[PDB]
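Structure containing topiramate.
What you see of chain A is 76-390, 460-729, 772-788, 1144-1210, 1222-1871, where the numbers are those given in the PDB entry. All values below come from the heavy atoms of this structure, side chains included, with hydrogens, waters and symmetry mates left out. One-based numbering, in listed order, for ligands and for the atoms of each. Displayed portion only: the contact tally does not extend beyond what is shown.
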Amino acid sequence: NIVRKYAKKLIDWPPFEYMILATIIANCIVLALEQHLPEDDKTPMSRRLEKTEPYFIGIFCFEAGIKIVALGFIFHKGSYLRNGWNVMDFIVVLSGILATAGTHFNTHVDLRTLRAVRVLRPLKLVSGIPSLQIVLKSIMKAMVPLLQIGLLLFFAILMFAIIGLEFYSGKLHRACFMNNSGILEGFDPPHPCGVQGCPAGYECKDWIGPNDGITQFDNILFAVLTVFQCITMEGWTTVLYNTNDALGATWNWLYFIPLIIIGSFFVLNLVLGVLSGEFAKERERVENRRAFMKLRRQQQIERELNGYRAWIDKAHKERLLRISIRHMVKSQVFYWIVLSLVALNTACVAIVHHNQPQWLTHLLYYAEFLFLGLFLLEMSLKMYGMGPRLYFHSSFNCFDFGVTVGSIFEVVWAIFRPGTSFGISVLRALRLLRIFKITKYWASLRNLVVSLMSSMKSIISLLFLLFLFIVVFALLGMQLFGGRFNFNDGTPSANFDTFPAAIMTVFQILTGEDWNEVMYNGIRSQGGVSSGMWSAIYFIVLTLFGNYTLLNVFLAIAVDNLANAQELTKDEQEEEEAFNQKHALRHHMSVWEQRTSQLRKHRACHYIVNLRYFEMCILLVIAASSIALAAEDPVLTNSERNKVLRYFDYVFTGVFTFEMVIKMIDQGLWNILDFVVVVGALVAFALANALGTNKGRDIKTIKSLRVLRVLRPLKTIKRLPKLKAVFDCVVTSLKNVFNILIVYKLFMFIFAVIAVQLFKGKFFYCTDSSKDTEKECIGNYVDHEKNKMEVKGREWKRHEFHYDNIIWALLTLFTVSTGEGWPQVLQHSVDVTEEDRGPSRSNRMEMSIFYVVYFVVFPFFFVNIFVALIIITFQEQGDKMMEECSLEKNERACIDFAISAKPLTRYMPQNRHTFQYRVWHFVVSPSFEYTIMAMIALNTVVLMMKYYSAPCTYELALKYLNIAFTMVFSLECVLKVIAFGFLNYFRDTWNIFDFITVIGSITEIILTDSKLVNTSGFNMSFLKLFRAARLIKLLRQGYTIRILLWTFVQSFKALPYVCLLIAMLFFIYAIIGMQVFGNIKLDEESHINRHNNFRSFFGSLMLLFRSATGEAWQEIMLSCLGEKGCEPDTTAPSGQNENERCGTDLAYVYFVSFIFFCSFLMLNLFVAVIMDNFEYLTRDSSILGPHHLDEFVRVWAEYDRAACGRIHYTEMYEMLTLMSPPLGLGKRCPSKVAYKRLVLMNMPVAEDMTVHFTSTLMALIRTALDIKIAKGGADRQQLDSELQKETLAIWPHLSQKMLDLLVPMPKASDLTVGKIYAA
Ligand SMILES: CC(C)CCC[C@@H](C)[C@H]1CC[C@H]2[C@@H]3CC=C4C[C@@H](OC(=O)CCC(=O)O)CC[C@]4(C)[C@H]3CC[C@]12C
Ligand SMILES: CC(C)CCC[C@@H](C)[C@H]1CC[C@H]2[C@@H]3CC=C4C[C@@H](OC(=O)CCC(=O)O)CC[C@]4(C)[C@H]3CC[C@]12C
Ligand SMILES: CC(C)CCC[C@@H](C)[C@H]1CC[C@H]2[C@@H]3CC=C4C[C@@H](OC(=O)CCC(=O)O)CC[C@]4(C)[C@H]3CC[C@]12C
Ligand SMILES: CC(C)CCC[C@@H](C)[C@H]1CC[C@H]2[C@@H]3CC=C4C[C@@H](OC(=O)CCC(=O)O)CC[C@]4(C)[C@H]3CC[C@]12C
Ligand SMILES: CC(C)CCC[C@@H](C)[C@H]1CC[C@H]2[C@@H]3CC=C4C[C@@H](OC(=O)CCC(=O)O)CC[C@]4(C)[C@H]3CC[C@]12C
Ligand SMILES: CC(C)CCC[C@@H](C)[C@H]1CC[C@H]2[C@@H]3CC=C4C[C@@H](OC(=O)CCC(=O)O)CC[C@]4(C)[C@H]3CC[C@]12C
Ligand SMILES: CC(C)CCC[C@@H](C)[C@H]1CC[C@H]2[C@@H]3CC=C4C[C@@H](OC(=O)CCC(=O)O)CC[C@]4(C)[C@H]3CC[C@]12C
Ligand SMILES: CC(C)CCC[C@@H](C)[C@H]1CC[C@H]2[C@@H]3CC=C4C[C@@H](OC(=O)CCC(=O)O)CC[C@]4(C)[C@H]3CC[C@]12C
Ligand SMILES: CC(C)CCC[C@@H](C)[C@H]1CC[C@H]2[C@@H]3CC=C4C[C@@H](OC(=O)CCC(=O)O)CC[C@]4(C)[C@H]3CC[C@]12C
Ligand SMILES: CC1(C)O[C@@H]2[C@@H](CO[C@@]3(COS(N)(=O)=O)OC(C)(C)O[C@@H]23)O1
Ligand SMILES: CCCCCCCCCCCCCCCC
Ligand SMILES: CCCCCCCCCCCCCCCC
Ligand SMILES: CCCCCCCCCCCCCCCC
Ligand SMILES: [Ca+2]
């Protein structure tokens, strides 16, 4: 079976690989055409197609046959299966052979599980095109570092699930149903019970869980799914509200806020940091520097070539008029005429709206033709007037020709199909980007476009892989859930029946927004909270490996193509401003640039205002005034508190004016903020004290000039010199991303204009689904669908987020960008028919293309462009210390913790008595520590084995297992105190943690039993935490999770003001919200509920956090708008029927801005952390950081136990000849290579020919990193003098005892431990 003379290996060749490539495309089309019907039903077309599967199976088994006979199978090394892709090729064809062997046995096996392998057939495209595999491998290569955030993530999910199991395990099963015996009612958002009982006339009956039983903490598997849902931030507030109802709203915020902060924000920070480190380390590989230099050289060629092409300045009608054309048609007044007339074109097509006055329709009708013809003329004048042959040589010239032909297309197609007019003539607004040519920002952007246009075969071949995996997951979802979504309510819009509706729900699940509800449908599809929950695993493996592989793809693209355009533009100013300006006669280098370059290298009276207690005693008043803002009651206008705080308002404005006046005295004429606040306070006080009446509706005047008070916290920014510095960092980041913010705004405007042309006037609907016009939608109608059959009135409405004016298009596209509620906008956009006609379900299903090209551009591409610009260009915060430690920088400087790490164990009993070497022995030499890690790994299981409604003995089984594990752990505790000593035990920061946990568990076991009455107004539940903290003991045996956590928490401790700006943002907006929307009448039908309201400071803080985490903020914005009801206020006799205006239309500004500020101020806090640890995140095995450097302590303590000496020299080559080679020799290099390393290390001697600890430490450090070392002689000592000067320059706190130790001064006369075996 090794028969040579194959003759089939020559058939694996040019043509029979381009036929397999076509059979696969045909097969993918066939799998696309299929439609899945609910119960054994089949469309005629699907029966038609089911008669092609044998053809494809035949061709694929033929491929297996020819490849197998022309190669080996397994035993041959280069055989068939030894390829990685051929094994899955073979599995797919195997299942093709098997699944078509059903009729023979009538499928008595009842597989229902083998044609689901067919969905892997699209991946055979990757197998057939290696140009796609070598992109896929690169992508999968960038995600290997992530498999420690995942373990960090799954730990957090587990740690918060255990806790959930303790606290909400069975407490979500009673709901408040209307008494109404027989027909129980309940709410539409069901209201749970607890000791918090039913409100008015409802009774507390049984209930399956919240989402038909799916969103509860019953098992551990139900808790690690609810908590995974909350971490993805989808519907985490519904869970928070359920547990608030079911238990009481006082402690639940402690579980769900740190679950979102730790699990959802901190994990984004880790993932961004890890990926950015990986991108810095991957841009410098040789095969990537090579392909970048190939781009920089070609940019040099073109840059000089255009300058040379400027030297072509040559000075009957073939030359008589065609000389003046090309003159004028390139003059600087012509560019400006064209660019000031395209700016009229894009203002003409941006004023179209719905119901535009009938004169505008005709005026703009003439305008399209006028401008189109004018651009035809001033395009031909470039083509017939300068030459078609050399016409396509400018990029935007090709682009303008394309837009002109497209506009001609649009005119014709509007003529022959009136209606849809998607109007590609706003694309000419792209020419406005040419305006940048007149600024200094042209290079930064032309280089970006050059770096994008070069790397386009690798962006397309990468979007194509995203598309293949979406197709595979769409077909898999069709298999699992195809036609099973026909519920008795009606099939949802997020189907899996047909292909265009499976693609657009896999797209939701990737963009991860409302994957919640799709998963609930896909669970009740296959059963319920029952046999059906095994399919919560398609929506987890697609909302994880999608929310993360799509930020590693779109961040790789945007960091690569933007670090390229930053290094391309650093080599213009480094030539045109540093080469010619010299030969024709650091320096603000960001953190990323530094790191990647390092990798590639491998009146008189008042002036006594100043009292040391004036600029610090006004700060206290600012703080007290800010806090007093928080305690206003928004609703009870004339309560006790509001009067007390009004007197405080007098006090505070008095202080602020008495200091503003003296400041203006000493300063004459950030302070404008002080001025505005004091002027507003004075004006409000004056015109409220004076009359208050006799001016039209001027209660709101004082109410609105008291919103200016919220600026009082802002006054601190100038006072605190470091808060001011962080604020300025935020502003300079905003200025960095401002040439791209404008390109973003321009592209978003173009999409908004297109969306207005496409959906204007079409977002209307009658409240009665049968009528579909404003003429018909009048009267009353019986509503059966509420299942109450009640007579309502027909109203003709718009949808709330429509696209009938460019302002409304911009707002409802911003809503799509933030992600919230875009599935509903897509649902409205497909169900669209004609102007002023009502919807028709899943009509015009192609308007979903607009909503994927949108996502590929704005939420995926530009947002990652912004993250990458802020990462790449981030300046070190404080660097004004002699050019940033000119000679010893991050890795050099920080590796000098040799001033530390002197100590060693010092824990051995050193008594050799009994217990001294008995217990402290037993403890060491694992036969005890392994057995105790086993008890940790089993106590982690008895915490996962809680569940609700257990049999009985299982419950006691758990109690006694807990007792046994607590007994073993308390034996841990008092078996190391007496083995390590009382003082030594409480000093390792993990022993005290274990002690706290064992004490907590012991007291829990005591308290839950008798001999202490469980009264005196105190609750014992929190002690369960001490039992669930034992799972943290699994983290101790980490050291790769622990290093990340320590590294990223340290850099949170070094930015105490970056997360004070976010607290101040939240404070300012919470106070504004309380003032403005504080007295909206709560309505459970709206989103100003009893849960979600601005009624209190902490309620508004929760509302703002809910919105920041992107949780239906759009509907809070809509339910805060004008004309809403109002609270009774129970303190006034007037304004009962009136002041039915207690909303406001500033909600749009209030929520569109916060979402832009909180999403920006968080980005900074992310980058400010990432760039803090950029040395850890770009650490490498080649390049030393402290990561390798602590191994030296281990090898020292074990192999030497020197204690400042006690080495002589044997320990040296007893050290270096074994341990890993970032420090030098290593095991495989005990040769003359080691000899020539040692001859570079030279350092003095001691009593027994010995040396010091840290002297050797610097010896290894400098001999590896090359930190100021010569080849010998007094040369190395003068270099050492330089090094000593540098060390004193960094650290003055080193005494000459320790300093001389670090600069051991090996004079030439004094022989070394290095020049002993050398000579
Ligand atoms: C220079 C370019 C890029 C921007 C120019 C701005 C316009 C595109 C914006 C500015 C304000 C907008 C207007 C703001 C308010 C309205 C009223 C509103 O129409 C109605 O009141 C409906 C009933 C009616 O037409 O009488 C929506 C269209 C319109 C004119 C908007 C159309 C688009 C306008 C003119
Ligand atoms: C949380 C505190 C310690 C932060 C620092 C600010 C405090 C020094 C002061 C500044 C203004 C003070 C407030 C000014 C006025 C009032 C009204 C005063 O009267 C009532 O509300 C009594 C109502 C009742 O009897 O129930 C109660 C304290 C309170 C809220 C004060 C609480 C303490 C505040 C916030
Ligand atoms: C400004 C930069 C980002 C250029 C990229 C934008 C355009 C290339 C995109 C924006 C939205 C897209 C459009 C949005 C949705 C549709 C509707 C879809 O259905 C139709 O309108 C045609 C059939 C019909 O409805 O009669 C056809 C593709 C089209 C025009 C899309 C084609 C590509 C468009 C114009
Ligand atoms: C019985 C199990 C299935 C219940 C749940 C606990 C597990 C997650 C246990 C099973 C065995 C345990 C492991 C047994 C031995 C080791 C080796 C050791 O791993 C190290 O990182 C060692 C130090 C190093 O080499 O850096 C200590 C942790 C670990 C992985 C243990 C971690 C916890 C594990 C994986
Ligand atoms: C890595 C390994 C060790 C996973 C850990 C296994 C156990 C710690 C977990 C995983 C599966 C869990 C089980 C999944 C489902 C069920 C069925 C369910 O029991 C019922 O019949 C409940 C009925 C009801 O609640 O009305 C809840 C307990 C139990 C056995 C769970 C108990 C805890 C189990 C065994
Ligand atoms: C070593 C630690 C970390 C885990 C040990 C797990 C198993 C060895 C044991 C411990 C408790 C046992 C459970 C204790 C009680 C019950 C209830 C029992 O059902 C009854 O109602 C009991 C009827 C009877 O026997 O009288 C069925 C077995 C079961 C689930 C046992 C199954 C086996 C379990 C899980
Ligand atoms: C019971 C199942 C369902 C989950 C149990 C909890 C896991 C999330 C925990 C238990 C043990 C933990 C592991 C214990 C030890 C290690 C080895 C450790 O690896 C290293 O640090 C590499 C060695 C080195 O470089 O020092 C860190 C990850 C890991 C797998 C830990 C990851 C998190 C684990 C798997
Ligand atoms: C559920 C998760 C998110 C919380 C777990 C707590 C961690 C944030 C903290 C708690 C205790 C910390 C540990 C406490 C002490 C040390 C020793 C310390 O060691 C070093 O400085 C480096 C090694 C050396 O040079 O000796 C810093 C890492 C480590 C393991 C810390 C790592 C980060 C830990 C695990
Ligand atoms: C990244 C972090 C460390 C920066 C600083 C914190 C901020 C992100 C802010 C914004 C959201 C704030 C939280 C928003 C919501 C709440 C609930 C709020 O709840 C209550 O006081 C009562 C219960 C209820 O909310 O109904 C208490 C403040 C708190 C935790 C806030 C604490 C401070 C937070 C986390
Ligand atoms: C680490 C980093 C930034 O991401 C990798 C890898 C090599 O370059 C990538 C970047 O994507 S692209 N098409 O803009 O070149 O291109 C591919 C080949 C897709 O892989 C990309 O660089
Ligand atoms: C040796 C190079 C190839 C590495 C092994 C094959 C990888 C590709 C096959 C598996 C792809 C994922 C299949 C599961 C569904 C997404
Ligand atoms: C030679 C062209 C000069 C262009 C100057 C402005 C460029 C602005 C950045 C363009 C980014 C395009 C991204 C489009 C969406 C994928
Ligand atoms: C990623 C690109 C594909 C996007 C798929 C969704 C749009 C599908 C457009 C064609 C819709 C045809 C509907 C036929 C009847 C269901
Ligand atoms: Ca959401």
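- Including duplicates, the parts belonging to topiramate are ligand 10.
- By contact count, the main macromolecule holding topiramate here is known in UniProt as Voltage-dependent R-type calcium channel subunit alpha-1E.
- Measured on heavy atoms with a 4.0 Å cut-off, the binding site of topiramate is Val210, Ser213, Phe354, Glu357, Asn363, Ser599, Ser602, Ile603, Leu606, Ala700, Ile701, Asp704, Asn705.
- Numbered N-terminus first as in UniProt, transmembrane segments of chain A showing a heavy atom closer than 4.0 Å to topiramate: 11, 12.
- The PDB lists the organism for chain A as Homo sapiens.
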